[PDB]
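Notes follow once the structure below has been shown.
The sequence lines are taken in order and lettered A, B, and onward as chains. Chain A is numbered as in the PDB entry; the shown residues are, in order, 3-69, 74-108. Chain B residue numbers are taken from the PDB entry; in order, the displayed residues are 4-69, 74-109. Just so you know, ligand 1 is whichever comes first in the structure, and atom 1 is the first atom listed for that ligand. Every heavy atom of this structure was used, including side-chain atoms; hydrogens, water molecules and symmetry mates were not.
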Amino acid sequence: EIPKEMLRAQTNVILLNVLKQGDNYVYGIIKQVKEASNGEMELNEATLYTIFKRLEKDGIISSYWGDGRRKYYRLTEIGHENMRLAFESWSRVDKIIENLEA
Amino acid sequence: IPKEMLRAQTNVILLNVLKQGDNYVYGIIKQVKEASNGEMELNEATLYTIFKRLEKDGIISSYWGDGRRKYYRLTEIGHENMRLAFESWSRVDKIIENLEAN
Ligand SMILES: COc1cccc2c1C(=O)c1c(O)c3c(c(O)c1C2=O)C[C@@](O)(C(C)=O)C[C@@H]3O[C@H]1C[C@H](N)[C@H](O)[C@H](C)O1
């Protein structure tokens, strides 16, 4: 079994990395992820929009419009910084664990 | 760093400790302190809080071994969950790298 809180986290990481590659709109994101996952992850629009409201509510991402009009989502600098801390944070965890194996 | 994220990390480390072998609270705090070379000094209360949840979820059990000490064990479900979870997160790493090919 896997904690649902944990799959929700993974999906967040993947999404944030997509915007890290560059700004994008929802349909392009699921497509990009569906491809990169070779088909195992078909994200549903409804739950995905639900997640993006939280991130914008956290200022981690912003949104805007551009044409063929589509609403694009941007990785904010605050989002950029948080991702750095998180990866650096999680990097220390991997080191803690490796030491434990001694 | 999200406090939510530190609790997850703290959970991962503790479980990886018990994967090394059954242990008691002060032994676990010591092992983590050493493995982090002093950067993570967990207080007794936080482990009890976390272990109460894990014991209730069947992820760990406890037992008295001797000079009395309360030992904590990672159950079979816990091992499987750690296995499944680590497999899970490994899949994410590929999805992301594929995104960079994209
Ligand atoms: C891109 O880095 C991240 C950025 C933000 C959040 C995260 C992560 C992240 O990498 C991450 C994980 O790698 C892992 C987890 C996680 O929550 C995050 C993030 O939240 C959860 C996990 O600890 C389990 C088993 O629950 C396993 C996994 O670590 C992997 C690699 C470790 N070296 C260790 O072997 C562990 C058991 O599995």
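Looking at ligand 1, the drug there is daunorubicin. In this PDB structure, the PDB entry names the chief binding partner of daunorubicin as Transcriptional regulator, PadR-like family. Other chains within a heavy-atom distance below 4.0 Å of daunorubicin are, by letter, A, B. Residue contacts with daunorubicin for A:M8 involve side-chain atoms from C-beta outward but no N, CA, C or O (heavy atoms, distance under 4.0 Å). Residue nearest to atom 23 (O) of daunorubicin, selected from B:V15, B:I4, A:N88: B:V15 (by heavy-atom distance). At the shortest separation from atom 34 (C) of daunorubicin among protein heavy atoms lies A:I103 CD1, 4.0 Å. Nearest protein neighbour of atom 2 (O) of daunorubicin, counting heavy atoms only, is A:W96 CB, 4.3 Å. Listed by number with element, the atoms of daunorubicin under 4.0 Å from a non-hydrogen atom of B:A92 are 25 (C). For atom 30 (C) of daunorubicin, the nearest non-hydrogen atom of the protein is B:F93 CD1, 4.2 Å. With distances taken over non-hydrogen atoms, the option nearest atom 33 (N) of daunorubicin out of A:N19, A:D100, A:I102 is A:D100.
Applying a heavy-atom cut-off of 4.0 Å to daunorubicin picks out A:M8, A:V15, A:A92, A:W96, A:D100, A:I103, B:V15, B:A92, B:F93, B:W96.
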Please tabulate protein-ligand N/O pairs under 3.5 Å for daunorubicin, atom names and distances to 0.1 Å.
| residue | atom | partner | partner atom | Å |
| --- | --- | --- | --- | --- |
| daunorubicin | 33 (N) | A:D100 | OD1 | 2.8 |

